[PDB]
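The structure described below contains indometacin.
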Amino acid sequence: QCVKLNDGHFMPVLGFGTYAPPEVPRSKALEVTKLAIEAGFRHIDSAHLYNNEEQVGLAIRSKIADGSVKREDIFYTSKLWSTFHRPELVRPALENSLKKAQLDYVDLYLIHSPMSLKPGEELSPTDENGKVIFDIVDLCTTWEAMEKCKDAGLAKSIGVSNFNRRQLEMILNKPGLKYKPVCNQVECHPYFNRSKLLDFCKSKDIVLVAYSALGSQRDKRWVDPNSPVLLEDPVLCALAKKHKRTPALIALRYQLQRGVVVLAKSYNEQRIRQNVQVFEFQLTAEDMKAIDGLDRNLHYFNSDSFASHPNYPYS
Ligand SMILES: NC(=O)c1ccc[n+]([C@@H]2O[C@H](COP(=O)([O-])OP(=O)(O)OC[C@H]3O[C@@H](n4cnc5c(N)ncnc54)[C@H](OP(=O)(O)O)[C@@H]3O)[C@@H](O)[C@H]2O)c1
Ligand SMILES: COc1ccc2c(c1)c(CC(=O)O)c(C)n2C(=O)c1ccc(Cl)cc1
């Protein structure tokens, strides 16, 4: 149920997604993270952006305090937001995340996105046209600051998120590189299966971690409502009926069988418990081929607000 990372640490292959939109009360993250741990999730995925680290941290601490788990059993991820790419801002951002969560270390700290944004108070500083205001930061310098965070023990492991192959290559080719990224957390599901990126990551012993593996929460800010709904896909439905599982379970199992670590967000008690059933069945080669056939280059995150950023990872 774990994969060995390229720095010798271990990552559970199923992770719990903690993002919920602002309209969902902050207190819910506390409740559902406890439910996730109770159901068997041990990998928990958060970020500064999600405005939930206090609640997620409290959930972890509560399950440690009542004896359900030990800290060493939990794999907790947070992420560096894009207004903190300048190297001097990296360690303070991580220290803030640790203070929020009331943890001594994170298991994993990621650069959330390659798209650097103007430093300041706003999460999303935008111009009068609605395009976020970019910053030019050499991400190799950001990476050196992340490495210093690992050396200080603030993060057990470091990685990246939303990097394309070229962007990942730039880090890997850095002169004097101390630590490779352990992972690249990216949008990955049957409509956008990232086969070429997956092959590249495998070739470099970098784990691909899939987000929006169940087709995203379809947030109106970023996602076209016309886009096909992943879990309504007829092929996934047919496979669910064949196996007497659910389309969600088929989508998660697909990723595990490709060697991809998979996240799953649910704030519903029944679905949280359902999602751990991914370890209870297998897909055949013909099933996997059928799912591979769904690939359509559909990144659900698809907005003008970021598509004009100089470091936008999609072509
Ligand atoms: N690095 C990044 O840029 C980035 C970006 C996006 C997401 N993420 C991470 O990845 C996580 C997951 O991605 P996501 O939030 O886009 O959601 P997702 O995992 O694709 O979630 C899918 C949606 O599926 C529903 N669902 C979950 N299990 C289900 C099941 N068994 N049957 C039917 N529906 C089910 C959930 O609704 P209910 O809650 O109602 O169950 C949820 O809103 C996030 O929470 C976050 O931690 C990272
Ligand atoms: C399906 O594609 C995405 C990609 C990123 C997303 C989301 C959906 C949602 C909603 C959801 O998880 O579906 C949130 C909250 N995202 C972010 O955190 C995020 C991270 C980095 C940047 Cl630069 C911009 C946004």
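Each residue takes its place number in the sequence, starting with 1. Whatever order the structure lists them in is the order used to number ligands and atoms, beginning at 1. Side chains included, hydrogens not; waters and symmetry mates left out as well; all remaining heavy atoms used.
Within this structure, indometacin can be identified as ligand 2. Measured by close contacts, the chief partner of indometacin (ligand 2) is listed under UniProt as Aldo-keto reductase family 1 member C3. Residues in other chains coming within 4.0 Å of indometacin (ligand 2) by heavy atoms are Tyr19, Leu49, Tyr50, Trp81, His112, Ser113, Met115, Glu187, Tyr211, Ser212, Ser216, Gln217, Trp222, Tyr300, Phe301, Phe306.
Closest protein heavy atom to atom 13 (O) of indometacin (ligand 2): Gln217 N, 3.1 Å. There are UniProt substrate-binding residues of chain A with a non-hydrogen atom under 4.0 Å from indometacin (ligand 2), namely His112. For indometacin (ligand 2), the polar-atom distance check against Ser113 finds no nitrogen or oxygen pair separated by under 3.5 Å. Of all protein heavy atoms, the one closest to atom 20 (C) of indometacin (ligand 2) is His112 NE2, 3.4 Å.
The shortest contact between atom 19 (C) of indometacin (ligand 2) and any protein heavy atom is with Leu49 CD2, 3.7 Å. Residue list (UniProt NADP(+)-binding, chain A, heavy atom under 4.0 Å from indometacin (ligand 2)): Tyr19, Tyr211, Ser212, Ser216, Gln217. Scanning the protein heavy atoms around atom 21 (C) of indometacin (ligand 2), the nearest turns out to be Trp81 CZ3, 3.6 Å.
Indometacin (ligand 2) places these atoms under 4.0 Å from at least one heavy atom of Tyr211: 2 (O), 3 (C), 4 (C). Counting protein heavy atoms only, atom 3 (C) of indometacin (ligand 2) is closest to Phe301 CB, 3.6 Å. Among all non-hydrogen protein atoms, the one lying nearest atom 8 (C) of indometacin (ligand 2) is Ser212 OG, 4.3 Å. Annotation: atom 9 (C) of indometacin (ligand 2) to nearest protein heavy atom, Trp222 CZ3, 3.5 Å.
For indometacin (ligand 2), the atoms lying closer than 4.0 Å to a non-hydrogen atom of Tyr50 are 18 (O).
Atoms of indometacin (ligand 2) lying under 4.0 Å from at least one heavy atom of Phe306, given by number and element, are 23 (Cl). In this deposit, the organism assigned to chain A is Homo sapiens.
Less than 4.0 angstrom separates some heavy atom of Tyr300 from each of these atoms of indometacin (ligand 2): 1 (C).
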